[PDB]
**Q** 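Questions regarding the structure given below will be posed in turn.
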Amino acid sequence: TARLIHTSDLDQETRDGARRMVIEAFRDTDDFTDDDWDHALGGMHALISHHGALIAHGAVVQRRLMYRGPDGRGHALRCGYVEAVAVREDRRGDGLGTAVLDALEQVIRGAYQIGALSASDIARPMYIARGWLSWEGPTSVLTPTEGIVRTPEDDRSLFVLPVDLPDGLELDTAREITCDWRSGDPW
Amino acid sequence: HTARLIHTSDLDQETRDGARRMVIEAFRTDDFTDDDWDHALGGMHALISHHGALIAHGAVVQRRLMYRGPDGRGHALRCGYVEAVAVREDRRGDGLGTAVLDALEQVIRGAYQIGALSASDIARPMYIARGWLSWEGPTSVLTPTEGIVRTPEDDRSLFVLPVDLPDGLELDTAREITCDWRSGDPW
Ligand SMILES: CC(C)(COP(=O)(O)OP(=O)(O)OC[C@H]1O[C@@H](n2cnc3c(N)ncnc32)[C@H](O)[C@@H]1OP(=O)(O)O)[C@@H](O)C(=O)NCCC(=O)NCCS
Ligand SMILES: CC(C)(COP(=O)(O)OP(=O)(O)OC[C@H]1O[C@@H](n2cnc3c(N)ncnc32)[C@H](O)[C@@H]1OP(=O)(O)O)[C@@H](O)C(=O)NCCC(=O)NCCS
Ligand SMILES: NC[C@@H]1O[C@H](O[C@H]2[C@@H](O)[C@H](O[C@@H]3[C@@H](O)[C@H](N)C[C@H](N)[C@H]3O[C@H]3O[C@H](CO)[C@@H](O)[C@H](O)[C@H]3N)O[C@@H]2CO)[C@H](N)[C@@H](O)[C@@H]1O
Ligand SMILES: NC[C@@H]1O[C@H](O[C@H]2[C@@H](O)[C@H](O[C@@H]3[C@@H](O)[C@H](N)C[C@H](N)[C@H]3O[C@H]3O[C@H](CO)[C@@H](O)[C@H](O)[C@H]3N)O[C@@H]2CO)[C@H](N)[C@@H](O)[C@@H]1O
Ligand SMILES: [Ca+2]
Ligand SMILES: [Ca+2]
Ligand SMILES: [Ca+2]
């Protein structure tokens with residue numbers, strides 16, 4: 001039931017409608033920040049509206065995830081990173097979230113080497129059920145002034161969906177995995 | 001000439017193979033490598049067709065460009081990076097290149113803070129004409145194991161299109177600009 005739209009083609013009221021719905025959906029200090037919204041921009045949005053109202057949203061945005069295999073090689077994987085997955089609270093538990101992820105996984109499978117996200121510890125079983133793989137190793141970020149810095153807080157949160165890895169590569173989820181730099185939450 | 005815009009994930013197999021075949025030839029060790037094709041995926045494609053065959057391609061993919069302002073604050077700018085802009089040999093100088101860049105710039109203005117690209121020499125006038133800023137400072141890449149490494153080869157090639165810079169950001173082309181890491185040509 002989800003409509004796929006590039007940030008590009010969102011009119012002002014859809015952007016404001018989506019942002020307002022996502023900010024409210026992540027309230028149980030505003031949990032969903034300006035940086036969190038920046039992270040949701042530049043890729044494909046999955047939207048579900050009912051009678052003029054936005055009731056569901058998700059985004060998949062491109063970045064690189066860094067992974068070194070046991071042959072020592074080093075890979076910068078073309079990643080579809082899942083952001084701002086949200087359903088208006090009264091509309092939850094009726095398959096809308098599923099419909100949003102169904103549409104984002106179509107993007108990921110069609111365009112990227114790997115899907116990734118850092119799930120709220122509440123949503124973790126929903127991803128595990130879709131066949132997303134929990135990372136077991138240490139997580140880190142490639143910083144511009146320090147080098148690769150550990151992100152222990154994101155170790156339990158990181159999920160991957162390896163859709164089309166290069167060469168022979170099969171990930172070992174016990175190895176380290178490193179995200180590229182951005183402001184706010186790196187994961 | 002009007003380009004149609006399509007996400008990587010919506011390309012049918014024949015159009016994907018068609019685009020890569022046309023782009024490899026337009027750039028003709030082949031000059032257009034497997035990494036070069038990798039770099040053109042994950043974003044929006046501009047396509048122009050004629051007599052059932054592709055005559056023009058380009059792509060805009062999301063990455064981060066790192067820039068430090070005169071107030072010492074580091075920015076990780078949401079970048080629409082332009083890749084694989086190509087017009088079939090027999091169709092050059094009819095404005096097809098212009099139509100491709102018009103559609104990609106629609107994406108960049110609609111979704112990103114900055115546009116960037118590392119132009120071949122033959123393409124340079126086309127960018128200078130469209131009002132892309134030539135960079136005058138040193139360029140670098142953020143590497144995983146060596147920190148920020150100068151990319152002197154790319155100093156003369158870099159164009160940016162600054163469309164929606166964060167508050168308090170004066171883009172000075174004399175200063176250093178750093179791309180995020182990827183395999184192959186970092187720029
Ligand atoms: C997480 C969220 C998007 C789920 O959306 P939803 O429309 O309730 O979910 P669905 O009905 O499609 O179900 C998602 C899965 O969660 C579980 N689930 C079952 N009932 C549920 C309910 N009422 N609410 C949430 N999850 C439920 C099931 O495993 C379900 O899979 P199913 O469709 O096979 O039953 C939504 O609750 C939300 O917006 N939460 C707050 C913001 C947030 O945490 N989202 C992103 C975290 S990474
Ligand atoms: C993309 C490419 C075909 C240029 O496309 P094109 O169809 O020749 O370009 P257009 O006709 O749209 O315009 C090219 C520009 O050349 C310039 N130009 C126009 N007439 C010219 C002339 N007589 N002499 C020289 N330059 C001229 C103009 O700036 C023109 O833009 P405009 O027509 O909007 O004014 C060329 O870059 C290419 O395909 N080469 C191989 C692949 C490649 O190197 N691409 C690199 C992208 S970085
Ligand atoms: N008052 C409600 C709050 O909800 C919060 O909900 C969760 C989310 O806000 C956030 O979830 C993860 C986080 O686990 C992980 N370590 C970092 C990751 N970037 C966050 O990401 C998630 O939430 C943010 C919005 O905050 C979204 O931008 C992002 O797309 C989404 N996947 O962190 C929280 C998980 O600890 C918290 N559980 C807690 O602060 C509190 O219960
Ligand atoms: N060597 C001079 C000329 O190089 C041309 O080819 C150029 C392009 O192939 C390539 O241009 C730039 C490059 O300058 C810069 N330092 C790095 C950047 N990634 C390259 O990028 C460009 O070409 C590659 C394809 O190779 C594309 O994938 C990319 O999208 C495109 N903008 O590098 C070459 C140097 O400018 C032509 N083969 C020919 O006119 C002539 O040989
Ligand atoms: Ca947050
Ligand atoms: Ca090349
Ligand atoms: Ca080959």
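So that the names make sense, note that chain A is the first sequence line, chain B the second, and so on, each numbered from 1. What you see below is based on every heavy atom in this structure, not just the backbone, and it leaves out hydrogens, waters and symmetry mates. When the header is checked for method, it gives X-ray crystallography, 2.0 Å. In each ligand, atom 1 is the first atom listed, and ligand 1 is the first ligand listed.
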**Q** Just wondering what drug sits at ligand 3.
**A** paromomycin
**Q** Could you tell me which macromolecule makes the most contacts with paromomycin (ligand 3) here? Its name in the PDB entry would be great.
**A** Aminoglycoside 2'-N-acetyltransferase
**Q** By chain letter, which other chains contact paromomycin (ligand 3) with heavy atoms under 4.0 Å?
**A** A
**Q** Write out the residue and atom name of the closest protein heavy atom to atom 26 (O) of paromomycin (ligand 3), then the distance separating them to 0.1 Å.
**A** A:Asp31 OD1, 2.7 Å
**Q** Which other ions or ligands have atoms closer than 4.0 Å to any atom of paromomycin (ligand 3)?
**A** ligand 1 (coenzyme A), ligand 5 (calcium ion)
**Q** Tell me which UniProt substrate-binding residues in chain A have a heavy atom less than 4.0 Å from paromomycin (ligand 3).
**A** A:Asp31, A:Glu83, A:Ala84, A:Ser118, A:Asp154
**Q** Considering A:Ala123, A:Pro152, A:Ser118, which one's heavy-atom position lies nearest to atom 32 (N) of paromomycin (ligand 3)?
**A** A:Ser118
**Q** Distance to 0.1 Å, residue and atom name: give those for the protein heavy atom nearest to atom 30 (O) of paromomycin (ligand 3).
**A** A:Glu83 OE1, 2.6 Å
**Q** What protein heavy atom sits nearest atom 25 (C) of paromomycin (ligand 3), and how far away is it?
**A** A:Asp36 OD2, 3.5 Å
**Q** Contact between paromomycin (ligand 3) and A:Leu117 is defined here as a heavy atom of the residue under 4.0 Å from a ligand atom; is it met?
**A** no
**Q** What protein heavy atom sits nearest atom 23 (O) of paromomycin (ligand 3), and how far off is it?
**A** A:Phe26 CE2, 3.5 Å
**Q** Please state which part of A:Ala119 comes within less than 4.0 Å of paromomycin (ligand 3), counting heavy atoms only: side chain, backbone, both or neither.
**A** backbone
**Q** Would you mind running through paromomycin (ligand 3) and noting each atom that sits below 4.0 Å from a heavy atom of A:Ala84?
**A** 30 (O)
**Q** Return the residue, atom name and 0.1 Å-rounded distance of the protein heavy atom closest to atom 1 (N) of paromomycin (ligand 3).
**A** A:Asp28 CB, 3.3 Å
**Q** Tell me, which protein residue and heavy-atom name are nearest atom 38 (N) of paromomycin (ligand 3), and how many Å apart are they?
**A** A:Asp121 OD1, 4.3 Å
**Q** Would you mind checking which non-hydrogen protein atom is closest to atom 27 (C) of paromomycin (ligand 3), with the distance to 0.1 Å?
**A** A:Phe32 CE1, 3.9 Å
**Q** Using heavy atoms and a threshold below 4.0 Å, how should the contact between A:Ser120 and paromomycin (ligand 3) be classified: side chain, backbone, both, or neither?
**A** both
**Q** To which UniProt domain do the majority of residues of chain A contacting paromomycin (ligand 3) belong?
**A** N-acetyltransferase
**Q** At what distance is the nearest protein heavy atom to atom 18 (C) of paromomycin (ligand 3), and which residue and atom is it?
**A** A:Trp187 O, 3.4 Å
**Q** Do protein heavy atoms approach atom 10 (C) of paromomycin (ligand 3) to less than 4.0 Å?
**A** no
**Q** Any idea which residues from other chains are within 4.0 Å of paromomycin (ligand 3), non-hydrogen atoms only?
**A** A:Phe26, A:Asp28, A:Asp31, A:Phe32, A:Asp36, A:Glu83, A:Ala84, A:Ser118, A:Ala119, A:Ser120, A:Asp121, A:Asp154, A:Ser157, A:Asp185, A:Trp187
